[PDB]
Undergrad: 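Opened a PDB file with oxacillin (hydroxylated form) bound to Beta-lactamase OXA-48.
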Protein chains: 2
Amino acid sequence: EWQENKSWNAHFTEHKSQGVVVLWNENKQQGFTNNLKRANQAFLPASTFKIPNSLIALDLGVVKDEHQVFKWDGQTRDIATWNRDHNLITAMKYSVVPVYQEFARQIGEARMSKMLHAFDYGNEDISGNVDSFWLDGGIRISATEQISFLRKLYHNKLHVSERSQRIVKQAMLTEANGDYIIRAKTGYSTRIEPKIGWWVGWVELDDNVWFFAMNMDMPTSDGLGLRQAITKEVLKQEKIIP
Amino acid sequence: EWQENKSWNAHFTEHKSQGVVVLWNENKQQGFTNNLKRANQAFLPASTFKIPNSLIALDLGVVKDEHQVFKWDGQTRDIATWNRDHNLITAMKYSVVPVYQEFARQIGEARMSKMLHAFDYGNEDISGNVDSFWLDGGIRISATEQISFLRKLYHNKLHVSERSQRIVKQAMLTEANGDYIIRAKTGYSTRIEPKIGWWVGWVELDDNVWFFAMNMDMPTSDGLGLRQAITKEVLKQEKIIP
Ligand SMILES: CCCCOC(=O)[C@@H](NC(=O)c1c(-c2ccccc2)noc1C)[C@@H]1[NH2+][C@@H](C(=O)O)C(C)(C)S1
Ligand SMILES: Cc1onc(-c2ccccc2)c1C(=O)N[C@H](C(=O)O)[C@@H]1N[C@@H](C(=O)O)C(C)(C)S1
């Protein structure tokens, strides 16, 4: 079952914005969205690709553990937080593209292609530069295919080791308190039209898990905070979080 | 209820191919597929677009009835059956692209877009050339979206006349005997990757209707007969046909 709930369109209208939110209730095995068509439209994943990229780099030994230091290469880039030493935890937190480009070059085309076929990930197409196909190449994924992928990660059912899956879930930690835990990854696709923002992940409660995937039109970086704000307005209306 | 049935994958691996078959049982309102992900992935419709294009041409009076002759323009093309006079029945049987390109020019961009919105047909996007957008422009549709559309046609529920719907169902007639009737349309998309074959339609029994939509990888035109043969192997396994 998928069920359409157009009342969530209010949360987008409030900000003169357009997009989709998809929720999956793990206990009841039912899905909900404001737009069934856009829920199945495939886009470039941009920084959401850092979840499968991390899994592959750990399983092949390109990354030894979550404390290994990746030293700054000395090139001043326009994002201040990229101009420093990182590990896996900080490289995911600050979406540090140059660290992930170096992992992809060491994984290589052949192993990257075989791993994405085993994950059943989006359209499985890596055409383009081995170190930029998720930003300006031929790979495409829908919000519903993001949920399918994330459910397998949650249950340790991807073909890679239990250990690789546990470390990446630790790196995805975004928020936690007495009411909920959020594990998630942001993305911003800016190189090829149409320009879109992503937020994909899940909410852990005492007795259930809600998986989510949202995308929205992002003509400039001024609206990037709306990825989390709009998603949290839907979770409150559904009584998932206070 | 959607159920995944991976035993059907044997009919694709037998012929060294890959694809999806989707079935819908009208009496039970239940669907079956070998591949839930591919069942909801969007592709160019190619010649399966002759179903909506026929419906719109009839309803606007571009085509008067099933007997009206469309005289060959006297340009020699590749397919020998295209180099002769046609009516609606023979144009759909032989998939005569040049006849349908002239229908699209007389319908025009504004009326074509309005009718695809009224039908809820795929992504409803006609961007590209008015006479080739279903071959190489922006329009996309999934196997499950082809079923939704065909169910409305079967029940005379699309927003055109009853007369337009009855004449198109006549032009779709493919096979009939004492056990079953098949109404359907073939497609073959090669202008954009991946290259795919389509077969969409339904099977009329004495007391039920089974809707189907299949697509499969088609690297050369040598495998085109597999569109029908693999679909009939699934129908036989499920005891829908003898
Ligand atoms: C190795 C250098 C790679 C840069 O790779 C990009 O394509 C990045 N994009 C941009 O720097 C932007 C932005 C913009 C502006 C303000 C704040 C954020 C982004 N506007 O246009 C371009 C071009 C990175 N791509 C994103 C992603 O991978 O999701 C990002 C948020 C990490 S930012
Ligand atoms: C979480 C998170 O937690 N803290 C910050 C933060 C705090 C202060 C400064 C910068 C970031 C942060 C965040 O925003 N991280 C961003 C993110 O991945 O969503 C990335 N980094 C941005 C950038 O460095 O500007 C970017 C536009 C490259 S995408």
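So that the names make sense, note that chain A is the first sequence line, chain B the second, and so on, each numbered from 1. Values below: every heavy atom of this structure, side chains too, minus hydrogens, waters and symmetry copies. Each ligand, and each atom within it, is numbered from 1 in the order the structure gives.
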Undergrad: List all ligands or chains that belong to oxacillin (hydroxylated form).
TA: ligand 2
Undergrad: Okay, with a cut-off of 4.0 Å on heavy atoms, which other chains neighbour oxacillin (hydroxylated form)?
TA: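 By heavy atom, the other chains are A.
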Undergrad: Quick one: which of A:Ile79, A:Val96, A:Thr81 has a heavy atom closest to atom 9 (C) of oxacillin (hydroxylated form)?
TA: A:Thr81
Undergrad: What protein heavy atom is closest to atom 5 (C) of oxacillin (hydroxylated form), reported as residue, atom name and distance in Å?
TA: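 Its nearest protein heavy-atom neighbour is A:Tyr94 CE2, 4.0 Å.
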Undergrad: Measure the distance from atom 15 (N) of oxacillin (hydroxylated form) to every protein heavy atom, then report the residue, atom name and distance (to 0.1 Å) of the closest one.
TA: A:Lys93 O, 3.1 Å
Undergrad: Look at atom 18 (O) of oxacillin (hydroxylated form) and say which protein heavy atom is nearest, naming residue and atom and giving the distance to 0.1 Å.
TA: A:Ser95 OG, 2.7 Å
Undergrad: Please report whether atom 20 (C) of oxacillin (hydroxylated form) has a protein non-hydrogen atom at a separation of less than 4.0 Å.
TA: yes
Undergrad: Protein heavy atoms: any of them under 4.0 Å from atom 11 (C) of oxacillin (hydroxylated form)?
TA: yes
Undergrad: If the cut-off is 4.0 Å to any non-hydrogen atom of A:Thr186, which atoms of oxacillin (hydroxylated form) fall inside it?
TA: 17 (C), 18 (O), 19 (O)
Undergrad: Relative to oxacillin (hydroxylated form), which UniProt active-site residue of chain A is closest, and at what minimum heavy-atom distance to the nearest 1 Å?
TA: A:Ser47, 6 Å
Undergrad: Hey, is atom 1 (C) of oxacillin (hydroxylated form) touched by any protein heavy atom at less than 4.0 Å?
TA: yes
Undergrad: Which residues of chain A does UniProt mark as beta-lactam-binding that also come under 4.0 Å from oxacillin (hydroxylated form) by heavy-atom distance?
TA: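 From UniProt's list, the heavy-atom cut-off leaves A:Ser95.
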Undergrad: Which nucleotides or residues of neighbouring chains are within 4.0 Å of oxacillin (hydroxylated form) (non-hydrogen atoms)?
TA: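 The heavy-atom contacts are A:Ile79, A:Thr81, A:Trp82, A:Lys93, A:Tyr94, A:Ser95, A:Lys185, A:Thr186.
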